[PDB]
**Student:** 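The following entry includes brexanolone; I'd like to go through it with you.
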Amino acid sequence: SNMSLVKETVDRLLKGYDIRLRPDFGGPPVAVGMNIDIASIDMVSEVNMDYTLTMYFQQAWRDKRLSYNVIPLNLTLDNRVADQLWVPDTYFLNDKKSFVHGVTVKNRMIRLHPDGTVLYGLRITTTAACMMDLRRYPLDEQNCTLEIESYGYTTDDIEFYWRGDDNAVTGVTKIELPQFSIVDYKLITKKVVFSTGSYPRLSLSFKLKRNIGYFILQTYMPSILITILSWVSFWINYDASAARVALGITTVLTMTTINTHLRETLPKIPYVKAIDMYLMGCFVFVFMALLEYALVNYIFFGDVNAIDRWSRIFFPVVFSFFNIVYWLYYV
Amino acid sequence: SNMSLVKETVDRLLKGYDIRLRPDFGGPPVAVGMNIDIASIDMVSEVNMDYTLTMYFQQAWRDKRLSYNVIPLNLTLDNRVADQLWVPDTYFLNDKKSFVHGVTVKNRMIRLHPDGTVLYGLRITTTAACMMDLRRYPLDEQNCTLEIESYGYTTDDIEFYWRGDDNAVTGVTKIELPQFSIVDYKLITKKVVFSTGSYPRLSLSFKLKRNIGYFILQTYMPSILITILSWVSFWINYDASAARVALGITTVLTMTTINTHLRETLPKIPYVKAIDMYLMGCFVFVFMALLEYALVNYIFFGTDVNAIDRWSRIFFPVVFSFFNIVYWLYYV
Amino acid sequence: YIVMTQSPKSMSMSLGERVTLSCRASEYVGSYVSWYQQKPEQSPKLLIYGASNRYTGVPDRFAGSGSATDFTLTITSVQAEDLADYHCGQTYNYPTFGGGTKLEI
Amino acid sequence: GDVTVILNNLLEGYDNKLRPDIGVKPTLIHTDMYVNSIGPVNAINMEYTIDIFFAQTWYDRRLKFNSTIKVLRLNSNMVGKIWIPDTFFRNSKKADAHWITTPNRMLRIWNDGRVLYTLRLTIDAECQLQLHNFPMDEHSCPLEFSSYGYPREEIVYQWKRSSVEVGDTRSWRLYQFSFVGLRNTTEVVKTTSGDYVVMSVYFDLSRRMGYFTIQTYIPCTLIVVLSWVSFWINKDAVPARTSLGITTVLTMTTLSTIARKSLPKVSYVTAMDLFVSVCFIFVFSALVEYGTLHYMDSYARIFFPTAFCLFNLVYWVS
Amino acid sequence: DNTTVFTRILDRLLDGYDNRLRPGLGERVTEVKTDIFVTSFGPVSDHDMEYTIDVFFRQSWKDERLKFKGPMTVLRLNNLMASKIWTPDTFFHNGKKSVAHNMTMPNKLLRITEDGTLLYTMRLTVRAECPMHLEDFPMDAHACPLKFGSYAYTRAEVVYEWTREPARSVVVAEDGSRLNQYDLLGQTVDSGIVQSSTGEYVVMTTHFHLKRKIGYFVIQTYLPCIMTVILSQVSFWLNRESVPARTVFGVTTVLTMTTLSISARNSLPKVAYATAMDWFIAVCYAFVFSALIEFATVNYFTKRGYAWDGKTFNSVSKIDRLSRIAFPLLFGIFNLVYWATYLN
Amino acid sequence: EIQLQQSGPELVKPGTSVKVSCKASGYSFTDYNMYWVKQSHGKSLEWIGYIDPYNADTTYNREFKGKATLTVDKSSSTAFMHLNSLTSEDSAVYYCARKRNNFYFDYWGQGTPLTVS
Amino acid sequence: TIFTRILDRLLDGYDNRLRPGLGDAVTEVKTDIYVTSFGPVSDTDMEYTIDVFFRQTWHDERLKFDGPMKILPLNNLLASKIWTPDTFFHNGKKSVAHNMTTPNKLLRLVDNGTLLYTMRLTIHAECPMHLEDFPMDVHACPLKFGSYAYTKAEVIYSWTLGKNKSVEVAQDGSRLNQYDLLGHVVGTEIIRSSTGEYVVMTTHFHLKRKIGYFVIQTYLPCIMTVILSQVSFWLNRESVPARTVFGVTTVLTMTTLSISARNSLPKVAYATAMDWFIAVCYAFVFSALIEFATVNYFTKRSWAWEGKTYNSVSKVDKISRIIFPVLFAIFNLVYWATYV
Ligand SMILES: CCCCCCCC(=O)OC[C@H](COP(=O)(O)O[C@@H]1[C@H](O)[C@H](O)[C@@H](OP(=O)(O)O)[C@H](OP(=O)(O)O)[C@H]1O)OC(=O)CCCCCCC
Ligand SMILES: CCCCCCCC(=O)OC[C@H](COP(=O)(O)O[C@@H]1[C@H](O)[C@H](O)[C@@H](OP(=O)(O)O)[C@H](OP(=O)(O)O)[C@H]1O)OC(=O)CCCCCCC
Ligand SMILES: CC(=O)[C@H]1CC[C@H]2[C@@H]3CC[C@H]4C[C@H](O)CC[C@]4(C)[C@H]3CC[C@]12C
Ligand SMILES: Cc1ccc(-c2nc3ccc(C)cn3c2CC(=O)N(C)C)cc1
Ligand SMILES: *[C@@H]1O[C@H](CO)[C@@H](O)[C@H](O)[C@H]1NC(C)=O
């Protein structure tokens, strides 16, 4: 009995329904309540300058055409009805390559409520552009934003709001990134003006902080050990040109390897990143460490022990002062 | 008024039009003409053994069912009308991956001429397969092709032919491949026989050549300079063991690393390439230079030794010089 | 073509007991070896289609086990009508039959 | 034909949008799965590829018929002509059904109304792993799946007696691990849209490690042995000891890089990273050892192997 | 109007036709005769443990419903008619991500004979799993299968077979061979059935027999291994006093050998078992490592730092002399054993 | 009830041509190929050729290529084998068979002994 | 419901296949672009990417209505129901029209008949490059488009605002890493082809590579490699192994630098400006090693100075300590002035 009754209801709603016109067409703006539940932030790609996000993006709005009262329950219909209803067109400005998942059937919830309300859930994987300045990298915190926005409807024709001021976005805490750590997230609602009109904008913004623990093991400690490996030259005898020069050259070449091994990881960025300001600082120290012998070779052949001794003490201190000055700037 | 008349004419053609049946079904084969305008042969990647080619592929065929007389102009219709029209099912037999360009709308052309001729253009980007003989590579002349062929219709149902003869394919000269240099293109009409029948075939064949100028900077000169670098040992006195030995093996390793790094770029193929031959040539001299010190030190600990070193000081540059002349004379 | 050879040209065994016929193939034949029975002055009768499967209407005593090249037909219990001349065909390529084993008490 | 008229009767007056017993009772689905192959475990991305024959069955009163025909075997053409329970795999990063030559799906309907809906899938799911005894690690990877839109009061999921028809492990592309076994669970998870019913199928996997020995550990052990050779070498040959010492640290960095390349971008120190780091200390200590001599060797040559051996056993214990 | 006769025929075929019912449902079993013309044997992907193959996949089956009597004995039709009639749901059991080609139009031909027989060919690029055992790698040969059968139809519903003799039903064009490291030998086909909980299904197995060409890994891997093996023993020829020279020789050799070991591994997916190369690389690792220990032994007895000049002087070490001959001989005998073992 | 009935026994002197007809009764004639098998007394079964009745295509054994010619008459559902240049070696028993699968020769003929003098 | 009757009135008896004024008159399509961001430039692949809102204003007399609203902002799906220009990008290698969550297409239908059809696109356009001054290069990448099927006698494209007004860039939107957008240039031409004469709307975006990456990546190691080599001139002559490892290591480094520099580049055969800097640095390390070979030649005692005759500093070496650094300095000055 109920199954037959439900068929009459659903058939009545979809009959004489115009997908072209929005709710209240030629009328007040239709208020669309946005709700998000982030399943996963797959990666933060510095090389491609974007991040990949998978979410249960849910839009809730009111349509009086899809209002029924005969049954005291909320119909949840198969996903394919969405192609027969008016869905608010909605694009992400940051999106570069995004899709709604397909297996086993297209992940797209529809549920018409008795009081005209319609929930429209979508499971979307989004590769959103995140331009991220790198002058403090790796000791950098980058915002990466997702900007929900209606495409064809101005604020005169549609209105976006977060369903819940700060509970509209859920699951952020459970997110895990191998390299980052989400310190904070914020939700903003704006109006962006284009030549065609002023449109409603919702910005979901994550403020992610780099994990220093990763880069200490990979870049800074090798840079230090190579830098310390430079200084052991200063304990070697003055008439050991084959050894100290061999130790100095490989130390200098290694830093070039490490620096080159790093920048290939990163994009062709024209800044001078904080890691570079450390590698360059190490570069000058190891290079000057090589010059310490070259100058000693020039005194003896062209005091020599004293030059070794003062260099032996200054190099640690001036590196420590460089290190303390480095972190204080980047703390 | 006039656009109303065009509507009635175009509606007349499409009503009762059976897309399943070719022009002159159960009759003489339809002769479709093909003219191409190449837009690029970018990404001639020997690693996947294919080249990606963007072209304005066009097909012109007669079709009595689409013949109109009232309109004197030639109706260019929206690209969506091709779905309601019969078009020749032509597949590129060597296409690992192809697509018709999508934005703004599907890039297709449909121009119905009054006589019944139909001009059906596409803008196709196809990663066509092109098996490459890499034995004189990089001084090699590759011959890539594109086999346009009807799939379902044998030569008793469809006929291919380049339209305009050798002028059918255009834009070949304007193409600039960073690594290659297109020297000649030849287009040939044939008929290929399969177990299902004898189908009409068109093979557009570009004969491309490589440029050594890129490869001297990247491949030869570093090897030549390393080869020259190894000979510096011959000007170093035998007593300097660590100096020449360190200079010796470092050159040997550098050749191997350049060899293995170069080979990593190329795919895994059984035959030996010319660059491998040059690398094999360079490796031998660098190896012999290491042996030259090996003999020198062995003899001394085993006046005359200096003479052995002196002749090697001059012959080793000379024998390398002769190798390059016969090498380049051989391959060039 | 593929040459089929039967190891026991003539096997002797009384009624009952186990009798196994062998049939090797010169090259690969897969599972396409068939077995046929031809009593004298009679046409061949199929017994074991495929390497193992038994044709419909054949008594269940007939069993055959096959491999890439080595094939066998075994009768668990021999009966008076069972004695005949058997043939092992191949069909993976153009047909070629075996020499033909014969049974008698 | 008998079959065609039955099918026309079933679909006529049928709604693909309304589930069986909508507004009457929850629709009970029993799911069975045939794990055809566990593809590669891409631990770099924390994802593994799995392909399955995913079977679902539900009693649809609308799709009941009475005739001599007990069941109706049908191709994929009928999948879209009836109500199919939406079932998305929650942890699937990107999943795809098979379509060549035709959609790899099937549909069987019995007289009583029982439907059987089986299709072939390929799923990239999510799986985590912890690196404290890496590579000597063990864990289990799940595969969740539930209705996307139908809450617990609209669709219910159960398992038939045949839990999971695991295939032959030899043909599996799981090279790193060995499929220890499977564990299956059903639960209810709350969400804003409702509280659904989830089906996590835990595949238990255990690592096997011979590849990593000759890639990192044995090469790492060897270069460590090279440093020990410095002590037998005369202290007069200053470049010889230095030429040997610099080689170890340089190679250690390269092995760290390729090991890091084979690893994800994880902040926590890995056991493999721990192994090279200890070797990094040994080679650095060996180089520093000679400097004092140039500025004892017998004691150095014995103590370091003892420390390495203890580290190896602790590595075994860990 | 001449084409109207053929359009009228096609309308009579499809009206009252059900795409869901197989030919002869219940009354008979459906027998599908399949052929393959491998237009190009795509590159075998050892890393993915799969292989690509580009085929014309012919299928033929008798359908009484699609029977006609007209001027043409056989109707050659485009793909558009194929989707409106029943076709086998053939899928490849070991088939990974596969693509049916679509440029320009869908590369499928339908051909209906007046008796009722159909020919339904399609052009495919099927990537199928080819499980591999790499104990003999690189000198290994594989028999990559391509199994295909119906998905929804059991053995009593539809049965497959080969149109020609089974030997002559998988044809490979001579021109098309896209393999680079592998080499195609021949194709062997077999039929069987597969046990499933859903039922018993018929399979059409075909094994493409491949063989690796050792030429690539000779120059790429074995020769650099041999040079490093050779390079190690050169330090025996160098005098014993030259401690930095031989030391730089030996330590360089091990590091180079280590790099080659890693280089070989990435060519192949991870596997618990060690291939033939891994044993060649391992024993090559022994000679290079053994050479260092030989030099280390000489350094033990290298009493005199000063060298010979043309007082005492260092004599050529007995171990050095014997290491001069034994090592190249010991490696040579190994190569004969190794190469004879796997090549034969 | 499938029954392949071949022609009666005959014997002709060398140099003459002989035709034997194989007639199919139960199953549809054109569906399955029809083979021809020769067996000398105390000898193995030898394949002559097969003819697909619908397309009338023929394939012949190399030894019997030219010696034997296969033709079919779909109207009567009869398969014909033609032999020429008869010799002592041609004296044998010629069977007719059908092929229902790639596996087996389902139903065979009654046999047609041939001898020369 | 009133607006539904309007739309149903418009689309009935409407041929979406036919041009506006097909045969009657030529169709003026007014175009405009808003570059939401200028995607990265693929120097290796010789192509850049751009993300644009692509407006297209054309007048259609069939779609004229008299109702309450003057403008009808309609759903993207109605775009397929009406005729639209078949614009394509002549130099577009690959492109996607975004449709997440739904087709990102705007379609407004003004009272008089005007239609504003706008959509979000991402075009991987092809930008031919001439890398002789690499990394001090400058490029002017085009962006051409026009009707695929309709000829210059059928469909004409014209900018709606003006030369520099009809192409705008979002100042926030700049996805270039190493390039720097300088400005945009706008022009209209007519390209001929076998199919016919078309109207093509070329727009050149002027870029400029930034050398900060290449100063860090290539030039500074090259300079330090050369400066490394010079150190051999100051090294003691009797130290034959030390100067030998120095020279061979540096040129070995240059070999890695020379190959690594080309790795970032495509496979052109131009011998770019970086190659010349690499080449001269290659000469300096080579000649620096040759300088040591000559110096070792005339060493006889090979006994190091200690406060039994020793070897004086080679006259070759003293001049090398001065000339070689200075020769590099004047070499550095001339080329840097040359590109600047
Ligand atoms: C792994 C552990 C190591 C095991 C290797 C164990 C082998 C081992 O380490 O001992 C070497 C020993 C002596 O050989 P070796 O030449 O190296 O040492 C000589 C020895 O010390 C003489 O006594 C010295 O003369 P003298 O009296 O002081 O005046 C002579 O110096 P000099 O005076 O002429 O200037 C030294 O050179 O035996 C062998 O002959 C080679 C055996 C075959 C070795 C072949 C094995 C492959
Ligand atoms: C690529 C450039 C290098 C190739 C150019 C090669 C140019 C070239 O061949 O130089 C020859 C000459 C070598 O002089 P050299 O460097 O050897 O310096 C001394 C000279 O040879 C004396 O003759 C030796 O003393 P003696 O009298 O024998 O007893 C003395 O030895 P010792 O007594 O102390 O023990 C030597 O140290 O140097 C120049 O004339 C200045 C050239 C400046 C060259 C600078 C040009 C840039
Ligand atoms: C006397 C003395 O201290 C000697 C010891 C080492 C010498 C430096 C080596 C590297 C050279 C590179 C460039 O060509 C400029 C000159 C340059 C910096 C040299 C200046 C003089 C130095 C410092
Ligand atoms: C729960 C369940 C059980 C079995 C199936 C199934 N249905 C088929 C039909 C055909 C083929 C080839 C394989 N099928 C398989 C998988 C199988 O049983 N294999 C590989 C031995 C699906 C779901
Ligand atoms: C089907 O027919 C049987 C026998 O008449 C009857 O018992 C059963 O109720 C019928 N089921 C229906 C009409 O659903």
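In the text below, chain A, chain B and the rest are named by the order of the sequence lines, each starting its count at 1. Excluded from the calculations below are hydrogen atoms, water molecules and symmetry mates; all remaining heavy atoms, backbone and side chain alike, are included. All ligand and atom numbering here is 1-based and tracks the order in the structure.
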**Student:** Enumerate the ligands or chains belonging to brexanolone, duplicates included.
**Tutor:** ligand 3
**Student:** What does the PDB entry call the chain with the greatest number of heavy-atom pairs under 4.5 Å to brexanolone?
**Tutor:**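 By contact count, the main one is Gamma-aminobutyric acid receptor subunit alpha-3.
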**Student:** Are any other chains within heavy-atom reach of brexanolone at under 4.0 Å, and if so which?
**Tutor:** A, G
**Student:** Specify how the entry names chain A.
**Tutor:**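 The entry lists it as Gamma-aminobutyric acid receptor subunit beta-2.
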**Student:** Which transmembrane segments of chain G have some heavy atom under 4.0 Å from brexanolone, with segments numbered from the N terminus following UniProt?
**Tutor:** 1, 4
**Student:** Checking heavy atoms only, which UniProt-annotated 4-aminobutanoate-binding residues of chain G fall inside 4.0 Å of brexanolone?
**Tutor:** none
**Student:** Write down the species the deposit gives for chain G.
**Tutor:** Mus musculus
**Student:** Give the residue list for brexanolone, heavy-atom cut-off 4.0 Å.
**Tutor:**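 Counting heavy atoms, it is made of A/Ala294, A/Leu295, A/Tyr298, G/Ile227, G/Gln230, G/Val231, G/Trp234, G/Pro325.
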